[PDB]
Chemist: 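Dexketoprofen + Serum albumin, experimental structure. Questions below.
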Amino acid sequence: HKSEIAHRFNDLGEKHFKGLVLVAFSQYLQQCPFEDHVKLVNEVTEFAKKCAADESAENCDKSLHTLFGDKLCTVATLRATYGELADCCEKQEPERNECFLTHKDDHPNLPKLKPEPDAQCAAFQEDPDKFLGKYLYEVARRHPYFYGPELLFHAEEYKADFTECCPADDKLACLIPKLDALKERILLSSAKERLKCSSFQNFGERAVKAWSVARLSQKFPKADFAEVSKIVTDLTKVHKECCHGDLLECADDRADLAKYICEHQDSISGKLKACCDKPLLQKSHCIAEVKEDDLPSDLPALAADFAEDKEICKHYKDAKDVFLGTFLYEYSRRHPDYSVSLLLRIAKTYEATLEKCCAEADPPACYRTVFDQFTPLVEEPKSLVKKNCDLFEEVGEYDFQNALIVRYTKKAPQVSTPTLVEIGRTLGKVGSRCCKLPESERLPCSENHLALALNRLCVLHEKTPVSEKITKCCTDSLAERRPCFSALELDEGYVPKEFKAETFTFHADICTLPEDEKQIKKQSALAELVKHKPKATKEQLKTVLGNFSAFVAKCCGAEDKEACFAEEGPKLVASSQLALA
Ligand SMILES: C[C@H](C(=O)O)c1cccc(C(=O)c2ccccc2)c1
Ligand SMILES: C[C@H](C(=O)O)c1cccc(C(=O)c2ccccc2)c1
Ligand SMILES: C[C@H](C(=O)O)c1cccc(C(=O)c2ccccc2)c1
Ligand SMILES: CCCCCCCCC(=O)O
């Protein structure tokens, strides 16, 4: 391949090429308007077309990193708007691309995307290509680590909605509950992918491989070790490329893997039939979200190879990577009822037991009971899910969220109120999605979603560290994160936050808000109560938050709303300090 840009343009096609180039530049240049990005994509596409025609032509032989970085570094007002990226532009490759990746702005703090059914249908009918382009741009610049090919698929779902609802007489009623649905899927898809890039960033490639082996083995328990290894190998390279901004290489390798899985469908899973008779982007997405295959009847007993065999210490010392790899593969297949992080905890415990037993006088008598060391690792998560799902089913999403906000504020009262509310709210919505499932599917649903919310929190903590306890849980071990976070207790060294009257002061503006923005104001007050009175019992806090809810409802239903807030507000504040003693 003489011209790498021609190669990728030839393989991907103009439509997807333009999309992936837009995403690539949007994820870095988050402040630059859409119009300006379009002009940048047009110039890049023109260069690809020229190179596709004559591969010996000017600068066509240069690397994709060279061409990308050179182009990024020609953008108007770079030093002023993107001072960090501007410093990278001094450097040669591969140092320059490495600098770009380091200084990629994680949370840009742009306004929330509000659907405009009338204006967006108009823009869509006017020019749909540009309308889809704008969607890629808006999502890419808000989620800088979003997988290029996956975002193209979400753009198709976005398109499908707007083709279906714009013809309809009523638009708002048609689009909002679909665009609300699409926004959740974007948040989850973005979160899953941020965990993969975070895992690479924080724990390296060996951790991503072990996670993938565990997950694919659960999804494809029919597949043999050599098949899982092949998929994990190819998928890791895909994940590495997409996470490191190599969208063109990534889109191509992802398409190839999807083509391989579907060609070898019969020996991988019987659930891939639906996925494999679909178009390109829909196929890849379907495989990624595919239901776990039925357990094979012929899954082998593991006690013989991993507990009873007299030469395991020999197998461990000599054939280590294969032996531990085979264990993780085999143990994962037979436990779709376990979370990925639980399976990696069990693997780490298997290894640790072999280290100990194989250093001592009679190893076989020692490691014979290795499987029984897993029992505690399975019960701790199973109990917390049973316990939290009982609470959720009793009190509902709102009070469950409030329960979690109190729990975490007490664990980490140094963390900002918005973050505490966001995390407690998110893990509340986990209760809503997961607790209503069959009891066996709860733990994986819960602890896998917990991994997404904890990764979120750990990314915010990189931006603004507040707690050494949090830094340790976030950086020490991927497998041990949730346990480490669960282990945290109320820091007895913490100084109760100085009481600001203004903090618990409410006005009539609260009454016009939708129900969830109302909740957030009160949930923000709950966090502030725990911050001022952290030794207050969970029951004391439930009482006071009740008084705040009663007060808001009373004054929002008043003749003079502002006179009610102004009169009753200070009284509620004063009595609450005494109630939380
Ligand atoms: C509007 C402009 C164009 O089309 O010149 C443009 C610039 C960049 C990306 C894209 C796209 O993603 C896209 C989406 C659907 C069809 C074709 C392109 C489109
Ligand atoms: C690095 C990244 C990728 O490898 O996916 C990427 C994204 C978009 C475009 C290009 C280019 O090769 C390019 C070509 C000409 C001008 C500007 C960029 C490269
Ligand atoms: C209802 C139940 C109880 O009190 O035994 C319970 C269990 C767990 C946590 C909490 C809370 O902290 C809480 C605080 C305010 C509102 C809602 C829940 C309450
Ligand atoms: C700083 C926020 C702490 C969040 C801990 C979440 C762990 C899950 C739990 O045990 O509830």
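Here, residue 1 is the first one in the sequence, and each next residue gets the next number. Counting convention: from 1, in listed order, for ligands and their atoms alike. Values reported hereafter were calculated over all heavy atoms of this structure, with side chains retained and with hydrogens, waters and symmetry mates removed.
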Chemist: Which ligands or chains belong to dexketoprofen?
Modeler: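 The drug sits at ligands 1, 2 and 3.
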Chemist: Of the choices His37, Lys134, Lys18, which has the non-hydrogen atom that lies closest to atom 7 (C) of dexketoprofen (ligand 1)?
Modeler: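 That would be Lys18.
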Chemist: Pull out every atom of dexketoprofen (ligand 1) sitting under 4.0 Å from any heavy atom of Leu136, numbered as shown with elements.
Modeler: 12 (O)
Chemist: Look up the source organism of chain A in the entry.
Modeler: Equus caballus
Chemist: Test of understanding: given a 4.0 Å heavy-atom threshold, classify the contact between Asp129 and dexketoprofen (ligand 1) as side chain, backbone, both, or neither.
Modeler: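 Both the backbone and the side chain of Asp129 come within reach of dexketoprofen (ligand 1).
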Chemist: Just which atoms of dexketoprofen (ligand 1) are under 4.0 Å from any heavy atom in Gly19?
Modeler: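 So the atoms of dexketoprofen (ligand 1) that pass are 12 (O).
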Chemist: So if I count the atoms of dexketoprofen (ligand 1) from 1 in the order they appear, which ones are less than 4.0 Å from some heavy atom of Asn42?
Modeler: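 Matching atoms, with element in brackets: 5 (O).
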Chemist: Which UniProt domain of chain A dominates the contacts with dexketoprofen (ligand 1)?
Modeler: Albumin 1
Chemist: Check dexketoprofen (ligand 1) against the protein and report each N/O to N/O distance under 3.5 Å, formatted as atom name, atom name, distance.
Modeler:
residue: dexketoprofen (ligand 1); atom: 5 (O); partner: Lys18; partner atom: NZ; Å: 3.4

